[PDB]
Asker: 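For discussion: a PDB structure holding resiniferatoxin.
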Number of protein chains: 4
Amino acid sequence: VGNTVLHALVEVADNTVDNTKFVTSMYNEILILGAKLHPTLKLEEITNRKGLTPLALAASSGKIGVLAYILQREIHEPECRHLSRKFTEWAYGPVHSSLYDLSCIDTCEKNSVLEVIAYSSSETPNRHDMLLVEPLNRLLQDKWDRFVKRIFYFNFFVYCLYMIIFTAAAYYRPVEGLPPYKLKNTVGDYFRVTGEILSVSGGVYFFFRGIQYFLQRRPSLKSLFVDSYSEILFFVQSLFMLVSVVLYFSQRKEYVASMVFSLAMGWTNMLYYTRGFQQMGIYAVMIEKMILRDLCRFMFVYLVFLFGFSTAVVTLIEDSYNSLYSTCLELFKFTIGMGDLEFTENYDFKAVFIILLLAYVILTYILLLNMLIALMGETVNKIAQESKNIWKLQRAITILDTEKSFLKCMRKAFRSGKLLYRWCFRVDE
Amino acid sequence: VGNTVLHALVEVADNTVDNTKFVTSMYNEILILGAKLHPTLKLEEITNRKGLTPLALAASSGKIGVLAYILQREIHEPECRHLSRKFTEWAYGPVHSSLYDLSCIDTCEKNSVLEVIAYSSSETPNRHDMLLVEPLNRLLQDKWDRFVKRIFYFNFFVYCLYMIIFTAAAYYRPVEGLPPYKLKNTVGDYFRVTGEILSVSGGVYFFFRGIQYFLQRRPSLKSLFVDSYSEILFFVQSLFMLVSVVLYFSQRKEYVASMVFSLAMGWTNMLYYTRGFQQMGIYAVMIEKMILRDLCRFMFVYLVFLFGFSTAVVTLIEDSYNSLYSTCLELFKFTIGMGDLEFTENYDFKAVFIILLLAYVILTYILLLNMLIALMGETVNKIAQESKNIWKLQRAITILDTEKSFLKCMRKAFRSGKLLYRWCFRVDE
Amino acid sequence: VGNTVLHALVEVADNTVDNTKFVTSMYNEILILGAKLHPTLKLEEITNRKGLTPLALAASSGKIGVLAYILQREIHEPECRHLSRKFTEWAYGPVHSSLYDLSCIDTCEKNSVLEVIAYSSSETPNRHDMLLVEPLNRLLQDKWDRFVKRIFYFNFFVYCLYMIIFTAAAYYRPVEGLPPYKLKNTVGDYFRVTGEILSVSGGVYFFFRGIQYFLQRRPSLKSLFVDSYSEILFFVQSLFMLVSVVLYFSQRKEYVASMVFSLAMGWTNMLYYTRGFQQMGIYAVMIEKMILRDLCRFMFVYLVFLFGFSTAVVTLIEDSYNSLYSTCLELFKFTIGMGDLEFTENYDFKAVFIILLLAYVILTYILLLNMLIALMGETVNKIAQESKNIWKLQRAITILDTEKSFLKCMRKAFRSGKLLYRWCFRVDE
Amino acid sequence: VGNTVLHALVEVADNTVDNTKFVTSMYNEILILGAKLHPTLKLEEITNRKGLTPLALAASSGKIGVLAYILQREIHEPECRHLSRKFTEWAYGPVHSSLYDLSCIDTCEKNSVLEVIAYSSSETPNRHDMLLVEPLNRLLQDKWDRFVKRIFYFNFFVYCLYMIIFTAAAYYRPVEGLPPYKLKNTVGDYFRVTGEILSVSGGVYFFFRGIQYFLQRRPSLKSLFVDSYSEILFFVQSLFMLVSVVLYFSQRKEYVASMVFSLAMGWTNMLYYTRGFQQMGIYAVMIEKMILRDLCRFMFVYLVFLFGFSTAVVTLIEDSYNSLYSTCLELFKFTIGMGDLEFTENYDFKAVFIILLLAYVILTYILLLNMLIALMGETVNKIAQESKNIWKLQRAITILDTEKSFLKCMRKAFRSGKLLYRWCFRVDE
Ligand SMILES: C=C(C)[C@]12C[C@@H](C)[C@@]34O[C@](Cc5ccccc5)(O[C@@H]1[C@@H]3C=C(COC(=O)Cc1ccc(O)c(OC)c1)C[C@]1(O)C(=O)C(C)=C[C@@H]41)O2
Ligand SMILES: C=C(C)[C@]12C[C@@H](C)[C@@]34O[C@](Cc5ccccc5)(O[C@@H]1[C@@H]3C=C(COC(=O)Cc1ccc(O)c(OC)c1)C[C@]1(O)C(=O)C(C)=C[C@@H]41)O2
Ligand SMILES: C=C(C)[C@]12C[C@@H](C)[C@@]34O[C@](Cc5ccccc5)(O[C@@H]1[C@@H]3C=C(COC(=O)Cc1ccc(O)c(OC)c1)C[C@]1(O)C(=O)C(C)=C[C@@H]41)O2
Ligand SMILES: C=C(C)[C@]12C[C@@H](C)[C@@]34O[C@](Cc5ccccc5)(O[C@@H]1[C@@H]3C=C(COC(=O)Cc1ccc(O)c(OC)c1)C[C@]1(O)C(=O)C(C)=C[C@@H]41)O2
């Protein structure tokens, strides 16, 4: 297959206890023997065919036990010490000054651990808990507090400012016919056009960030939304903004129709930032999961009921209200507690009409919505814990993005290590 | 009783571990003895008085342990090999190439394992997990993908086309008094009457499918709905369609009153197809259970409250609204969040009227509905797993129906097996 | 203390396994020894000052271990056989034909087992599962099917007929001032007054049944409602009916105000019968437990919010709506999804008014009601099983009432046993 | 660090079983040894640097094992038993007449056990369960019944009377312009102004109680609300009352705006007293927890959606409704089941407007609210058991407040102990 044994050791694991201990054993034996035989050449550096070291492979596939072992390897023996992943400085009883190597964790130049674990395919079974392995959890916490937190809040703040400017520009849009509109020398219009230009500028910036994202990642349609959800939403916002520009200069009023959707998305995309706050990000996570997972089925069923009874009632009535659309709305309104239940007298067979509406109300307003709540009930009872960590996963994503951009034309964003050397990082735990 | 010991061995099981091992033991003993004593005569063909082999008995009664043994039984000894149910071709470490016999599994011509599991009496305790026994799950998956998936989607699509034609025909029904109506030479009317003819044709087809179903199955009233729910709904749709035809030619306007229910049912019956999709079928299954199991109790209680307080308020008022029906609606509207709570002034004892309505609102709008939700809460926490499998059963039903119909006057729809020879099926697992 | 050893042996138990085995051991030893010493006199007949045998004491206090022992105790030794509670006739493998004595289990003349269980004080910890002890479950099932089922359905049916007559009489009440009203010789008047007479007759009958109930039971206020809930409701219906009679002849229109509550109460009392049907009685039990347990806390809190903010808003407005009652209703309507949220313009400080209403809406409509749902969620997840046994308890109550009344001036409601003898009852299980 | 070994022994625990036994062992051994070596000097009196004895330290930090031991520590060795915490008077079989010392439990003059538990920093992991340790539970129950219960009901009653007077005064406020208002010699004015004076007096009293509370406690902002919630609410009510006074004499009508919030605050603060009633205080606890914990996240998300789509729709429409506020209300009304869903025709692109509203309704009305319920569902399933103790904890707070105030210039609120002596307290258990 073109891979070394150490990768196959990764492939054969399954995160069970017996399996974990056995794979630990094989790692131990092969690493010590290889050290004794080829002390010049290091094995764990050697990549598989896809350019991943065994560490990154365990990270990529969700093999938490192997990964935990490899990150937690101390070698303190003659002629083997150089292969250690951690050491201990201070051997106090309750607390240890542990010291970890960061090789191929942030700097790998092919695929680092945070890269492969963070940007895995979403099938990776353990990406939620896998960051709780001590050195990674510690690094993300350190990077968060140290420099990324402030930049993230700045990004959130500037997004808020962008949205305030966009909202202000949109709300005070000119009302004349036939865009584009002449800038009047009054300062109010100067601010308006400035706001519009900044609004579009934000649109273009998000557009290009989205393109860079999809070009780098090349996600597939079958999993375009399971991952990459936020980026799609920002990208789509920008798409609507740009369409609004095109219509705005194409002498179409319809640009408003585009802008407002962008504006609506422009605001709701703020929830992207609430992700990464454990206290307040759970709603954004759960809205993502519900829309992607759960809305499709409920809304197919609901639309079957709405449409079926809608066409029943519109068939029944004859003569206002005679359109399928109007009756679709009138029957929708039962869902929002404003259904009139005798909204037309222009029809025949009152008993039929009322029986239909009562059947509709019982079927949706009572039966369907409660089953939605029932399913969500069992599910959330099962998956609150998984959302509570996918918060952390998105925080890791935020940190990786933050390091990638950094906007100084330099690489002085290192984490730690001031003592002889492979970028040691110290945890007192 | 008229049975052999092989069936009684099935009857004695109860799917407990000690019981399972013991029944396996007795099977092993009699298999070896039967081989050595009557090598010319096959055991498992031997039917009980009802023409059921021991395999189909273990399947029919829900005896998952015995079935799981029998389908997964390899005999590799001298003078006993011929009694094996499966063999192993490739003894690779993680995966095996097992080869299974399909004798009386899909082709029996009396009753097969899939037939007796899928069309069990619905008391069968383990019909949900019973298909998880490897060879059955593999057969259904294979035949689903291989032939039945496309035909099912075609059936769903044609049902969608039928429903679109029916809906279009119904919506554009003529408004002239006194049906039936003369065809006008304009093409719109030609399409209309063509749509009507196709609509009725679909009605007749579903009518006759339902009759064939009930004639073949002969279900009882006490369990007519617990099983066979979908077929009843399709049949009832067709019944309404036919009644609409009769009225349509009986010079009655009331055909509309019938057609719409068929129309309302026709669209709603689309959820039938949504069964068999693991994701999207969760709701349709639940609406089957919730209506059959849970609507009766809630609606008796609810109608007791609605009707009792309805009689109270209609008694109280005197003079518009004086009818029991109108007050029944006005008090229903509290259930849909549109109760006015002072909907009449033509009455006496304002304090009594308001106390009645407040008692009604608290009793239903707050207490009864929330208690429904509480009950469903416990239940769904307990039965999400059972729906998650009954998905599989509906998929099996779809497959068995598909094999039964097949509409070519030929039997070349087999799954597999071409080499020495009882329809060998390979599972690489 | 004035009781024998066996009562203390009952008292010392606590339904733990070690305790259960020990107490059964002491029972065994003392019963055999007492038989050897005093073969003339039986210990287990010996009553406390309260006239309770050790069996009825174990039953009364909720002691499953002792009770299950005593009811299921076979003694087949020389000079000890005579004190057995059950014997085994047919020792078939899977089923036994057991034969049980019913002495002091239905006929005691002081306090039988079904009496002390069904009419326990509701503190009895295990009355729910206590009927699952084989011979009691079997007795209640047999008595249910044999004669009590039909009588109960007849009782339910006659209550339905009474309620229909009452409802019909009330709905068609005369509308003229100053009751009572002279009848016209027309048949409508005769049916109305006949309906009224039967209505009152049902009222009086329920009144006297309630008095008989409370006189026999002598409940206390602190637990008047925790038990005896249904009897209180029937009694109160009757009280309202009688008050309606008094006002009806006291030349006051206000009799209507009374009648309707008895009418509404009357109809809702039908839920009493739904208890005893496992399929449909769960809602009646749930509503009983919810109203007694859970309505008080929610409605105090809710009324605090409704009243507090209601006083705030009525204070704020000045000038229609200026009364505290009207604003109480207007703020109630938010609870039923019909709150207008700008229902008055006759006030000052729109910002204050709206902030108040929004705070009110968030606090009740979104926050309080969902909290009710959350509490009930945890509770029902814990107590569905206990409701599922309160069904059994009310079944026992129904049967005991049925046997008590019986309305023939004879006692020939016995079930089985004709041969040498203490009312032998046979169970195949 | 300036502490003796006993405080460290307290610190090192973690309430695990092995830890519990080990720490009990070391503490026990060293205490006996020290008693043998320095019989003149008492150790447990020895405070840490913060002035806490080891008992109060174990109490302060949430250490159940250590505290349970120390409260339940009996020493029966020569020359050591004088340092026991309990003795046993009567060694009856099921119950013991235990006798406990209360030194530094209610009287310490630095920090007593009830002080450090009740007024812990709210991080203390077991404060809710800690009072279930027998002698404390007994102390609080005894003090509750003996004198505190009546005083608590009295102060609750007086708070109710204050609120009734305040409400009456506010409701009948004068309606002239320009406060303050001259009193007419009629009695109605005198009762009104008397009510106002008492209203303000209650305001001032609560103001000063709140100041005394915060001065004594010195809470921090980061945990001002996690603890001390009720006191903050009472204090804020008083602040609003005082602001109302200032405006009332500052010749501003706006005093009404302040008073009503105090009024709405005041009535709502009545829920404070439901805490400490297990039957009815659960809702106050759950509302505290919801508002502090859960409202912030939901309302940020909800306001993002409401505001985002509000800006969308208000942008879209042009011409009544053109303001952002009005559209914010119109879209809020969907949340309360009164959304009109076609509330304006003064706009363009009906399709866009309706799609926006439908997206808004689905996103909030169906999607956001139901998942608030889902999240709470998991939470309450996990935390009803902890609120069920937070009740008792607040009862402890009530008792400590009661003992602190006592308003007689005497200390005659002791429990028992009159013979040789450290306030012996008897528990018969
Ligand atoms: C591509 C995704 C699936 C999406 C994009 C648009 C069309 C969207 O419709 C949806 C489908 C939809 C349509 C109508 C109602 C509900 C959902 O949901 C989101 C998407 C749905 C959202 C809600 O999703 C969120 O913003 C929450 C969120 C959670 C976590 C995140 O990381 C996040 O990043 C932006 C956003 C709001 C809309 O963008 C919106 O405001 C409009 C008018 C339509 C919603 O498609
Ligand atoms: C025989 C069954 C029990 C049924 C047949 C009719 C009368 C039906 O009323 C019910 C009872 C009912 C009446 C009024 C409101 C709710 C339920 O539910 C279904 C039946 C109820 C349905 C909803 O249940 C379904 O059809 C969904 C479904 C789920 C799974 C399936 O396999 C399926 O196969 C078609 C259908 C819709 C109605 O057919 C409909 O649209 C009208 C106007 C009445 C509904 O009876
Ligand atoms: C004595 C009980 C507690 C009760 C008696 C009356 C006043 C009652 O108000 C209650 C309190 C109440 C008032 C207003 C709204 C809800 C509850 O609930 C019942 C009682 C509440 C009921 C609902 O409870 C039931 O009847 C269901 C029930 C369940 C199990 C049963 O065994 C049962 O026996 C009849 C009845 C309906 C009312 O009788 C009714 O219809 C009117 C107008 C008031 C209701 O008091
Ligand atoms: C400081 C707290 C957090 C609080 C103080 C005021 C502003 C309050 O708004 C809140 C926030 C708020 C605002 C609007 C709607 C909901 C919540 O909730 C309470 C506070 C919220 C309450 C409801 O919370 C409670 O008081 C119940 C309660 C539970 C336990 C207690 O020990 C308790 O002691 C008083 C009170 C009602 C208000 O006081 C009220 O009536 C008005 C008009 C605003 C509510 O802030």
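Note: chain IDs run A, B, ... matching the order in which the sequence lines appear. We number chain A the way the PDB entry does; in order, the residues shown are 283-601, 626-726, 738-746. By the PDB entry numbering, chain B shows 283-601, 626-726, 738-746, in order. Using the PDB entry numbers, chain C covers 283-601, 626-726, 738-746, in order. Going by the PDB entry, the residues shown for chain D are 283-601, 626-726, 738-746, listed in order. If you check the header, you will see the structure was determined by electron microscopy, 3.4 Å. One-based numbering, in listed order, for ligands and for the atoms of each.
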Asker: Using a heavy-atom cut-off of 4.0 Å, list the other chains contacting resiniferatoxin (ligand 4).
Answerer: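 Non-hydrogen contacts: C, D.
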Asker: Any transmembrane segments of chain D with a heavy atom under 4.0 Å from resiniferatoxin (ligand 4)? Use UniProt's count from the N terminus.
Answerer: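 Counting from the N terminus as UniProt does, heavy atoms reach that close in 3, 4, 5.
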Asker: What does the entry say about the source organism of chain D?
Answerer: Rattus norvegicus
